[PDB]
Number of protein chains: 2
Amino acid sequence: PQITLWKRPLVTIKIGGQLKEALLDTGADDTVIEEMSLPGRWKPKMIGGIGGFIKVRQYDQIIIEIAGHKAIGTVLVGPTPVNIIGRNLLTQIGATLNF
Amino acid sequence: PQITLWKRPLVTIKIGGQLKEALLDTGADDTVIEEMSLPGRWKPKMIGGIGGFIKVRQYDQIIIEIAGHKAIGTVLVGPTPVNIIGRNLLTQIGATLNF
Ligand SMILES: Cc1cccc(C)c1OCC(=O)N[C@@H](Cc1ccccc1)[C@@H](O)C[C@H](Cc1ccccc1)NC(=O)[C@H](C(C)C)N1CCCNC1=O
Ligand SMILES: [Cl-]
Ligand SMILES: [Cl-]
Ligand SMILES: [Cl-]
Ligand code: NA
């Protein structure tokens, strides 16, 4: 699709069989989702936002659908105020910024 | 241009007679620049996200050139870790997300 930016670029994602709303974010290096259960082992990570850094759980090779596009990759889980699809998965689904 | 997302989508901007590098951020409602002087009136604002909130100065009707494209809008100035071009000015340069 071509998504303009007059409103937030929110899409539906599916992860763990569940539908969630998330933001397509070219300013995010990684994907971070609100607290949920994911399979496997996780690794520690810090990410930085407008107000400072938070600790998150890094899950690798997680199956996730983004606006109907299937992806498999790293998902961070933690106390983010909004679900964010970052560049690691935007790149995988072929997204570019155009002007 | 068409910007892929393997790396951060950083571009050069001109604001307040100064050149800066800034992040094209579809996940940002607002444009936030590191501390600098701008002409005219301003009012305080709090913006919060990952990591919490920061206090900024809101300047309205500020012209910015973004990767050679002129726009005008509100610019927030404060202790952001990164200069961010948000949706309020991305729409004005006709930026879209495409996949
Ligand atoms: C940078 C990065 C590394 C790894 C993983 C992730 C998710 C990363 O991105 C973290 C991050 O906060 N990125 C921001 C920009 C970023 C990159 C690097 C350092 C700091 C910031 C931005 O793009 C998304 C984030 C989303 C958001 C979160 C909570 C509430 C509302 C929105 N947006 C905002 O904070 C904006 C600010 C920028 C005006 N914002 C806050 C006021 C209300 N609305 C709004 O839009
Ligand atoms: Cl990934
Ligand atoms: Cl504006
Ligand atoms: Cl448009
Ligand atoms: Na003004």
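Chain IDs: alphabetical, in sequence-line order. Here chain A follows the PDB entry, giving residues 1-99 in order. Here chain B follows the PDB entry for its numbers: 1-99, in order, are the residues you see. Heavy-atom basis, side chains included; hydrogens, waters and symmetry copies ignored. First listed ligand is number 1; within each ligand, the first listed atom is number 1.
Lab note: drug at ligand 1 identified as lopinavir.
Taking the chain with most contacts, the partner of lopinavir (ligand 1) here is, per the PDB entry, HIV-1 protease. Counting only non-hydrogen atoms, chains lying under 4.0 Å from lopinavir (ligand 1): A, B. Within lopinavir (ligand 1), the atoms closer than 4.0 Å to a non-hydrogen atom of A/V32 are 7 (C), numbered from 1 in the order shown. The nearest protein atom to atom 34 (C) of lopinavir (ligand 1), hydrogens excluded, is given as B/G27 O, 4.0 Å; this is a heavy-atom distance. At under 3.5 Å, a nitrogen or oxygen of A/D25, whether backbone or side chain, sits near a nitrogen or oxygen of lopinavir (ligand 1). Counting protein heavy atoms only, atom 12 (O) of lopinavir (ligand 1) is closest to A/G49 CA, 3.4 Å. Per the entry, the source species of chain A is Human immunodeficiency virus 1. Contacts between A/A28 and lopinavir (ligand 1) below 4.0 angstrom, taking non-hydrogen atoms only, involve backbone and side chain alike. Of the protein's non-hydrogen atoms, the one nearest atom 42 (C) of lopinavir (ligand 1) is B/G48 O, 3.4 Å.
When non-hydrogen atoms are compared, lopinavir (ligand 1) lies under 4.0 Å from the backbone of A/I50 as well as from its side chain. At a heavy-atom cutoff of 4.0 Å, lopinavir (ligand 1) is contacted by no atom of B/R8, backbone or side chain. Within the 4.0 Å heavy-atom criterion, both parts of A/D30, backbone and side chain, lie near lopinavir (ligand 1). Both the backbone and the side chain of B/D29 come within 4.0 Å of lopinavir (ligand 1), judged by heavy-atom distances.
Contacts of B/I84 with lopinavir (ligand 1), taken as heavy-atom pairs under 4.0 Å, involve the side chain alone. Note that atom 44 (N) of lopinavir (ligand 1) has protein non-hydrogen atoms nearby, at separations under 4.0 angstrom. For atom 32 (C) of lopinavir (ligand 1), the nearest protein heavy atom (residue, atom name, distance) is A/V82 CG2, 4.0 Å. Atom numbering of lopinavir (ligand 1) starts at 1 in the shown order; those under 4.0 Å from a heavy atom of A/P81 are 29 (C), 30 (C). Defined by non-hydrogen atoms within 4.0 Å, the binding site of lopinavir (ligand 1) is A/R8, A/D25, A/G27, A/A28, A/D29, A/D30, A/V32, A/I47, A/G48, A/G49, A/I50, A/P81, A/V82, A/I84, B/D25, B/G27, B/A28, B/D29, B/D30, B/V32, B/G48, B/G49, B/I50, B/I84.
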